[PDB]
Protein chains: 2
Amino acid sequence: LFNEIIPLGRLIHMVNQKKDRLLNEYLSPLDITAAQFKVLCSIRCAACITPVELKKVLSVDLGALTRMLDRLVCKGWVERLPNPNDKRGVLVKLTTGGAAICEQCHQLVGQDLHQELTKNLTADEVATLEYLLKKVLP
Amino acid sequence: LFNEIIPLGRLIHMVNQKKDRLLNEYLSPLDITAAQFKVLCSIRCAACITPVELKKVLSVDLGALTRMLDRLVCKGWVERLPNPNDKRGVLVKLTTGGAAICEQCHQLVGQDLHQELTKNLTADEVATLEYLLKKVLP
Ligand SMILES: O=C(O)c1ccccc1O
Ligand SMILES: O=C(O)c1ccccc1O
Ligand SMILES: O=C(O)c1ccccc1O
Ligand SMILES: O=C(O)c1ccccc1O
């Protein structure tokens, strides 16, 4: 692995891959799926967002989103309200319980990933990788 | 950005995000979508793969995959064959043309991303980021 020249793009891929695999593994015992968790974190950040805008942010099939949003409402984690800047549409936001669920999860997974991801590079120091990864964003 | 302590997980996220955004931007002028490209690269690597296995590898709604696979067949990029280790199922593989399309794209995007992603950290040296990113995989 350290004897092969793998281009950054693929490495970022492989690592994101791993990151998600760990995520699924951490949510495996909980009554919620990785996808449901992602949809909650995305609606949260935006406070209120349209399903279509949410559809664009997640890069997902609209059909699967609709069923997804309905499942989330059934779980009492999401609710729909009229869109002010419109009238033919709605917005979806988290219900109080949904918000709590999203925070219980966000905290736990965030505490297991950091460890697992940093489990062996710590010496080289997460701060350095983080530093260089920032130089890629602007 | 360099004055805020953003945890690795989110940074990897934000960066993968960026990476995909560039991808969409590079394929924007071509008659193909990022999702179609991903499905082609995934089938390729595996040589031959079942739709369900492909469904698992991509983490996508089966419904959107089915329509996706049909669209790809219409474009002449993918073809279905009987699954040997089964008999009630099929495998999907790329057609010769599909293979070429996947290579024309893989080469171009791979040549624009490397540059764009490395556009400003080059000094710090992509090799270092790549090194540390590897220490995260095992
Ligand atoms: O679930 C909805 O209310 C919805 C509304 C508009 C477009 C896509 C959707 O899933
Ligand atoms: O409806 C869901 O719970 C769901 C969960 C994971 C992926 C796609 C989905 O529609
Ligand atoms: O497209 C198919 O042939 C297919 C077959 C089995 C399961 C999901 C699928 O999309
Ligand atoms: O069928 C497609 O071309 C397609 C493209 C991007 C995302 C989902 C899809 O089904």
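Chain identifiers are assigned alphabetically (A, B, ...) following the order of the sequence lines, protein sequences preceding nucleic acid strands; residue numbering begins at 1 within each chain. Read the numbers this way: they start at 1 and go in the same order the structure lists the ligands and their atoms. Any value given below was found using the heavy atoms of this structure, including those in side chains, with hydrogens, waters and symmetry copies removed.
By contact count, the main macromolecule holding ligand 2 here is known in UniProt as Multiple antibiotic resistance protein MarR.
The drug or candidate drug modeled at ligand 2 is salicylic acid. Other chains whose heavy atoms approach salicylic acid (ligand 2) within less than 4.0 Å: A. Taking every heavy atom under 4.0 Å from salicylic acid (ligand 2), one finds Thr33(A), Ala35(A), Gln36(A), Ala64(A), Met68(A).
Other ligands and ions with any atom nearer than 4.0 Å to salicylic acid (ligand 2): none. Interface of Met68(A) with salicylic acid (ligand 2), defined as ligand atoms under 4.0 Å from a residue heavy atom, comprises 1 (O), 2 (C), 4 (C), 5 (C), 9 (C). Which parts of salicylic acid (ligand 2) touch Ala64(A) is read off a 4.0 Å heavy-atom cut-off, strictly below it: atoms 10 (O). The entry's source annotation for chain A reads Escherichia coli.
Mapped onto UniProt domains, the residues of chain A touching salicylic acid (ligand 2) mostly lie in HTH marR-type.
Per-residue contacts place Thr33(A) under 4.0 angstrom from the following atoms of salicylic acid (ligand 2) (heavy atoms of the residue considered): 5 (C), 6 (C). Here's the thing with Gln36(A): one of its N/O atoms is less than 3.5 angstrom from an N/O atom of salicylic acid (ligand 2).
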